Peer 1: 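Pasting in a structure now, in structure tokens, and then I'll have a few things to ask.
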Amino acid sequence: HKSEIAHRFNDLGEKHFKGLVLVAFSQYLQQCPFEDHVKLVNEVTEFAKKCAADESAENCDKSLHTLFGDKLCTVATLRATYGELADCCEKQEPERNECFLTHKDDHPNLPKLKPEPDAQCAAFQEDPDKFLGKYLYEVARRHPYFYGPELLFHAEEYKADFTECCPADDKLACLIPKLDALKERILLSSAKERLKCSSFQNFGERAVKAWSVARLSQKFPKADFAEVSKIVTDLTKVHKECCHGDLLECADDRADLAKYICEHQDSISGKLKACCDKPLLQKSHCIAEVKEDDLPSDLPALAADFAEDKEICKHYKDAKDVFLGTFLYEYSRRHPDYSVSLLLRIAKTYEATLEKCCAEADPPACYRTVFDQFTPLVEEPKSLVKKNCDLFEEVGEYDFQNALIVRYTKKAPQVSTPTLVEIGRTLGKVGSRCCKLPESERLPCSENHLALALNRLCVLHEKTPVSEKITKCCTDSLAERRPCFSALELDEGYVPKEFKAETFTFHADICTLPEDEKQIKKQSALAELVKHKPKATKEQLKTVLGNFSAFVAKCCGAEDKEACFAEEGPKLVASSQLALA
Ligand SMILES: C[C@H](C(=O)O)c1cccc(C(=O)c2ccccc2)c1
Ligand SMILES: C[C@H](C(=O)O)c1cccc(C(=O)c2ccccc2)c1
Ligand SMILES: C[C@H](C(=O)O)c1cccc(C(=O)c2ccccc2)c1
Ligand SMILES: CCCCCCCCC(=O)O
């Protein structure tokens, strides 16, 4: 391949090429308007077309990193708007691309995307290509680590909605509950992918491989070790490329893997039939979200190879990577009822037991009971899910969220109120999605979603560290994160936050808000109560938050709303300090 840009343009096609180039530049240049990005994509596409025609032509032989970085570094007002990226532009490759990746702005703090059914249908009918382009741009610049090919698929779902609802007489009623649905899927898809890039960033490639082996083995328990290894190998390279901004290489390798899985469908899973008779982007997405295959009847007993065999210490010392790899593969297949992080905890415990037993006088008598060391690792998560799902089913999403906000504020009262509310709210919505499932599917649903919310929190903590306890849980071990976070207790060294009257002061503006923005104001007050009175019992806090809810409802239903807030507000504040003693 003489011209790498021609190669990728030839393989991907103009439509997807333009999309992936837009995403690539949007994820870095988050402040630059859409119009300006379009002009940048047009110039890049023109260069690809020229190179596709004559591969010996000017600068066509240069690397994709060279061409990308050179182009990024020609953008108007770079030093002023993107001072960090501007410093990278001094450097040669591969140092320059490495600098770009380091200084990629994680949370840009742009306004929330509000659907405009009338204006967006108009823009869509006017020019749909540009309308889809704008969607890629808006999502890419808000989620800088979003997988290029996956975002193209979400753009198709976005398109499908707007083709279906714009013809309809009523638009708002048609689009909002679909665009609300699409926004959740974007948040989850973005979160899953941020965990993969975070895992690479924080724990390296060996951790991503072990996670993938565990997950694919659960999804494809029919597949043999050599098949899982092949998929994990190819998928890791895909994940590495997409996470490191190599969208063109990534889109191509992802398409190839999807083509391989579907060609070898019969020996991988019987659930891939639906996925494999679909178009390109829909196929890849379907495989990624595919239901776990039925357990094979012929899954082998593991006690013989991993507990009873007299030469395991020999197998461990000599054939280590294969032996531990085979264990993780085999143990994962037979436990779709376990979370990925639980399976990696069990693997780490298997290894640790072999280290100990194989250093001592009679190893076989020692490691014979290795499987029984897993029992505690399975019960701790199973109990917390049973316990939290009982609470959720009793009190509902709102009070469950409030329960979690109190729990975490007490664990980490140094963390900002918005973050505490966001995390407690998110893990509340986990209760809503997961607790209503069959009891066996709860733990994986819960602890896998917990991994997404904890990764979120750990990314915010990189931006603004507040707690050494949090830094340790976030950086020490991927497998041990949730346990480490669960282990945290109320820091007895913490100084109760100085009481600001203004903090618990409410006005009539609260009454016009939708129900969830109302909740957030009160949930923000709950966090502030725990911050001022952290030794207050969970029951004391439930009482006071009740008084705040009663007060808001009373004054929002008043003749003079502002006179009610102004009169009753200070009284509620004063009595609450005494109630939380
Ligand atoms: C509007 C402009 C164009 O089309 O010149 C443009 C610039 C960049 C990306 C894209 C796209 O993603 C896209 C989406 C659907 C069809 C074709 C392109 C489109
Ligand atoms: C690095 C990244 C990728 O490898 O996916 C990427 C994204 C978009 C475009 C290009 C280019 O090769 C390019 C070509 C000409 C001008 C500007 C960029 C490269
Ligand atoms: C209802 C139940 C109880 O009190 O035994 C319970 C269990 C767990 C946590 C909490 C809370 O902290 C809480 C605080 C305010 C509102 C809602 C829940 C309450
Ligand atoms: C700083 C926020 C702490 C969040 C801990 C979440 C762990 C899950 C739990 O045990 O509830």
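All residue numbers given for chain A refer to the PDB entry; the residues shown span 3-583 in order. Counting starts at 1 for both ligands and their atoms, in listed order.
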Peer 1: Which macromolecule does ligand 3 make the most contacts with, named the way UniProt names it?
Peer 2: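 The main partner is Albumin.
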Peer 1: For ligand 3, what drug is listed?
Peer 2: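 Answer: dexketoprofen.
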Peer 1: Which residues lie close to dexketoprofen (ligand 3), i.e. with a heavy atom under 4.0 Å?
Peer 2: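 Within 4.0 Å on heavy atoms: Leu393, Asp401, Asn404, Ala405, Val408, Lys540, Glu541, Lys544.
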Peer 1: Would you mind checking which non-hydrogen protein atom is closest to atom 16 (C) of dexketoprofen (ligand 3), with the distance to 0.1 Å?
Peer 2: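 The closest heavy atom on the protein side is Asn404 CB, 3.6 Å.
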Peer 1: Only heavy atoms of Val408, strictly under 4.0 Å: list the atoms of dexketoprofen (ligand 3) that pass.
Peer 2: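 Counting from 1, the qualifying ligand atoms are 12 (O), 14 (C).
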Peer 1: I need the nearest protein heavy-atom contact for atom 9 (C) of dexketoprofen (ligand 3): residue, atom name and distance, please.
Peer 2: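 Ranked first by proximity to atom 9 (C) of dexketoprofen (ligand 3) is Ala405 CB, 3.2 Å.
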Peer 1: Name every other ligand or ion with an atom closer than 4.0 Å to dexketoprofen (ligand 3).
Peer 2: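 Nearby: nothing.
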Peer 1: Which residue holds the protein heavy atom closest to atom 15 (C) of dexketoprofen (ligand 3), what is that atom called, and what is the gap in Å?
Peer 2: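 Checking every protein heavy atom, the shortest distance to atom 15 (C) of dexketoprofen (ligand 3) gives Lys544 CA, 3.4 Å.
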Peer 1: Yes or no, since that's all I need: does a protein heavy atom fall within a distance strictly under 4.0 Å of atom 2 (C) of dexketoprofen (ligand 3)?
Peer 2: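 No.
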Peer 1: Within dexketoprofen (ligand 3), which atoms have a heavy atom of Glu541 less than 4.0 Å away?
Peer 2: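 Near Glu541, the atoms of dexketoprofen (ligand 3) are 4 (O), 5 (O).
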Peer 1: Counting non-hydrogen protein atoms only, what is the nearest one to atom 6 (C) of dexketoprofen (ligand 3)? Give residue, atom name and distance.
Peer 2: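 Protein heavy atom at minimum distance: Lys540 CD, 3.9 Å.
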Peer 1: Among the UniProt-annotated Zn(2+)-binding residues of chain A, which have any heavy atom closer than 4.0 Å to dexketoprofen (ligand 3)?
Peer 2: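 The overlap, by heavy atom and UniProt annotation, is empty.
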Peer 1: Can you help me figure out which UniProt domain of chain A most of the residues touching dexketoprofen (ligand 3) belong to?
Peer 2: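 Most residues touching dexketoprofen (ligand 3) lie in the UniProt domain Albumin 3.
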